[PDB]
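Structure of amprenavir in complex with HIV-1 protease.
Lettering of chains follows the sequences in order, A, B, ..., and the numbering in each one begins at 1. Counting starts at 1 for both ligands and their atoms, in listed order. Method reported for this entry: X-ray crystallography, 1.9 Å.
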2 protein chains.
Amino acid sequence: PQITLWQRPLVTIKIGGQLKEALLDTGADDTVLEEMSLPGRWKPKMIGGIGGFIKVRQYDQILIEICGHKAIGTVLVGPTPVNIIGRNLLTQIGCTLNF
Amino acid sequence: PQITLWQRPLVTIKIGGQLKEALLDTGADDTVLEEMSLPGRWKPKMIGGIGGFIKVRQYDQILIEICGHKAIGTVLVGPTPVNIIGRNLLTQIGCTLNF
Ligand SMILES: CC(C)CN(C[C@@H](O)[C@H](Cc1ccccc1)NC(=O)O[C@H]1CCOC1)S(=O)(=O)c1ccc(N)cc1
């Protein structure tokens with residue numbers, strides 16, 4: 001669909017059997033989700049942004065259904081204020097910026 | 001223009017007579033630019049990002065040219081790692097998301 005930016009671009013996602021709302025974020029290289037129950041082994045990674053850095057757990061090959069569209073990719077889980085869908089998943093659903 | 005997201009969506013901006021590159025960020029509510037020379041009075045303010053909170057200086061009614069698009073709005077200048085154009089300015093140059 002087409003989304004204007006008058007309000008935060010929130011979308012409904014489904015990961016690991018749970019329904020969550022996430023922010024379509026073009027300035028996020030990676031997808032980072034709030035702490036949640038996810039199965040599998042992970043790797044302790046670390047990312048930075050405004051305000052500093054955070055310790056995050058990296059899970060690969062995670063299936064996420066974003067607005068009905070499915071995608072499989074890396075998902076970071078950790079201390080995030082908002083669930084963020086970054087470019088690693090935004091490219092898989094064919095999301096573009098237009099002006 | 002149409003911007004695909006395989007690479008960070010960076011654009012050339014002209015502010016305060018200076019040329020800079022900035023990231024188009026749909027996940028950012030406001031525009032945050034690295035610390036730079038800007039004339040005028042400003043108000044102190046703090047921003048919350050992924051790693052914590054930074055204290056920035058707020059400038060109102062500042063002219064900024066993103067591409068050939070001129071826009072006037074609020075700009076926060078402070079310790080951000082990347083210059084980011086947020087939704088306060090993205091809506092003025094008519095930027096949308098599509099998938
Ligand atoms: C370009 C960078 C440095 C900024 N990031 C993207 C931004 O969209 C980020 C998204 C977000 C919104 C609200 C709360 C917390 C995070 N907004 C952000 O800082 O909002 C401030 C600036 C003005 O208004 C509020 S990031 O979150 O650090 C990030 C970095 C790496 C990955 N892999 C994932 C996320």
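By chain letter, those with a heavy atom nearer than 4.0 Å to amprenavir (ligand 1) are A, B. Ligand-side atoms of amprenavir (ligand 1) in range of B:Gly48: 21 (C), 25 (C), range being under 4.0 angstrom from any heavy atom.
Interface of B:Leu23 with amprenavir (ligand 1), defined as ligand atoms under 4.0 Å from a residue heavy atom, comprises 1 (C).
The shortest separation from a heavy atom of A:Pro81 to amprenavir (ligand 1) is under 4.0 Å, placing the residue in contact.
Taking each of B:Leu76, B:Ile50, B:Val82, A:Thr31 in turn, the one with a heavy atom nearest to atom 29 (C) of amprenavir (ligand 1) proves to be B:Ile50.
Close approach of amprenavir (ligand 1) to B:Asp30 is summarised as follows: ligand atoms under 4.0 Å from at least one heavy atom of the residue are 23 (C), 24 (O).
Set against the non-hydrogen atoms of B:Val32, the atoms of amprenavir (ligand 1) under 4.0 Å away are 22 (C), 23 (C).
The ligand atoms of amprenavir (ligand 1) that sit less than 4.0 angstrom from a heavy atom of B:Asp29 are 24 (O). In this structure, residues within 4.0 Å of amprenavir (ligand 1) (heavy atoms) are A:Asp25, A:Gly27, A:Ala28, A:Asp29, A:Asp30, A:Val32, A:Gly48, A:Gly49, A:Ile50, A:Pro81, A:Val82, A:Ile84, B:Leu23, B:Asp25, B:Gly27, B:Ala28, B:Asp29, B:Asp30, B:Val32, B:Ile47, B:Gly48, B:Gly49, B:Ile50, B:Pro81, B:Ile84.
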Could you check amprenavir (ligand 1) for N or O atoms lying under 3.5 Å from protein N or O atoms and list the pairs with distances?
{"residue": "amprenavir (ligand 1)", "atom": "8 (O)", "partner": "A:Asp25", "partner atom": "OD1", "Å": "2.7"}
{"residue": "amprenavir (ligand 1)", "atom": "8 (O)", "partner": "A:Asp25", "partner atom": "OD2", "Å": "2.8"}
{"residue": "amprenavir (ligand 1)", "atom": "8 (O)", "partner": "B:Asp25", "partner atom": "OD1", "Å": "2.6"}
{"residue": "amprenavir (ligand 1)", "atom": "8 (O)", "partner": "B:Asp25", "partner atom": "OD2", "Å": "3.1"}
{"residue": "amprenavir (ligand 1)", "atom": "33 (N)", "partner": "A:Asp30", "partner atom": "N", "Å": "3.2"}
{"residue": "amprenavir (ligand 1)", "atom": "33 (N)", "partner": "A:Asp30", "partner atom": "OD2", "Å": "3.1"}

